[PDB]
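Below is Alpha-1-acid glycoprotein 2 with UCN-01 bound.
In this chain, residues are counted from 1 in sequence order. This entry, so its header tells us, was determined using X-ray crystallography, 1.8 Å. These values consider heavy atoms only, across backbone and side chains, with no hydrogens, waters or symmetry-generated copies. Numbering of ligands and ligand atoms starts at 1, following listing order.
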Amino acid sequence: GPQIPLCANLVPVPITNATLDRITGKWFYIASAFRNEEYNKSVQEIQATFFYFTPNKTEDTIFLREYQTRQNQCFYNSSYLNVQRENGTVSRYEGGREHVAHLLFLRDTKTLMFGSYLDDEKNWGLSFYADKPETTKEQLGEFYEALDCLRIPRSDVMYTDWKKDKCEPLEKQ
Ligand SMILES: CN[C@@H]1C[C@H]2O[C@@](C)([C@@H]1OC)n1c3ccccc3c3c4c(c5c6ccccc6n2c5c31)C(=O)N[C@@H]4O
């Protein structure tokens, strides 16, 4: 039977053209937690990350430009996401493998989450993003609410530190 636990702030919803408009623009990676060992190992080294979404509605794709600071250096990538409208997921090929994430929303309109491996209690997790590099306490509290649905302790959360970003001064020029 169905395996994804639904709770107040963890609700998959179909991606529409209104959804694609809402996620168009620049986003900042704020925090995440997973039961999946590989994702935990990767994201624990991330100091900062921001990225740009540019949807192509007719082709069911999103153009992605990523600016990630780790090891005190700026690293860049561009690629295309595939959009699964009815499933409410996006997918990409990265690191020689496919990734799929549920696009998830909270009550505050300027944040969003990616749900990873949500049908797998051994591996599930959430990553949290906002339209500014730092969120308010109440904004972050919604992410903690969603994490409670996956029964992951807040002590497992990894956070970016915007003071450590190296990409912003380099993105243009
Ligand atoms: C490939 N990225 C991985 C799979 C999934 O979630 C993670 C958490 C994973 O990164 C470990 N993840 C991040 C973690 C830390 C900072 C940024 C990201 C990020 C972005 C994206 C995606 C993504 C798009 C489609 C399917 C799965 C996805 N995942 C991510 C991202 C993205 O599109 N932009 C972000 O930089």
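By the criterion of a heavy-atom distance under 4.0 Å, the side chain of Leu81, and not its backbone, is placed next to UCN-01.
Among protein heavy atoms, atom 6 (O) of UCN-01 sits closest to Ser116 OG, 4.1 Å. Distance from atom 26 (C) of UCN-01 to its nearest protein heavy atom, with residue and atom name: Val90 O, 3.5 Å. For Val43, every heavy-atom contact with UCN-01 shorter than 4.0 Å involves the side chain, none the backbone. Heavy-atom contacts of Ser127 reach the following atoms of UCN-01: 8 (C) (cutoff under 4.0 Å). In the vicinity of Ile46, heavy-atom distances shorter than 4.0 Å reach the UCN-01 atoms 15 (C). Organism for chain A, as given in the entry: Homo sapiens.
When hydrogens are left out, the protein atom nearest atom 4 (C) of UCN-01 is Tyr39 OH, 3.4 Å; that is the closest non-hydrogen contact. Only the side chain of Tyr129 comes within 4.0 Å of UCN-01, counting heavy atoms alone; its backbone N, CA, C and O stay farther away.
When each atom of UCN-01 is checked for a heavy atom of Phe53 under 4.0 Å away, the hits are 33 (O).
Taking a cut-off of under 4.0 Å to the non-hydrogen atoms of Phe34, the atoms of UCN-01 that pass are 8 (C).
Remark: minimum distance from atom 28 (C) of UCN-01 to any protein heavy atom is reached at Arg92 CD, 4.0 Å.
Interface of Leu64 with UCN-01, defined as ligand atoms under 4.0 Å from a residue heavy atom, comprises 32 (C), 33 (O), 34 (N).
With hydrogens left out, the protein atom closest to atom 27 (C) of UCN-01 is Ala101 CB, 3.6 Å, a heavy atom. Listed by number with element, the atoms of UCN-01 under 4.0 angstrom from any heavy atom of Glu66 are 20 (C), 34 (N), 35 (C), 36 (O).
Among all non-hydrogen protein atoms, the one lying nearest atom 29 (N) of UCN-01 is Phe114 CD1, 4.2 Å. The heavy-atom binding site of UCN-01 at 4.0 Å consists of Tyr29, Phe34, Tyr39, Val43, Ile46, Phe51, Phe53, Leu64, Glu66, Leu81, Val90, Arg92, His99, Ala101, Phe114, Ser127, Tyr129.
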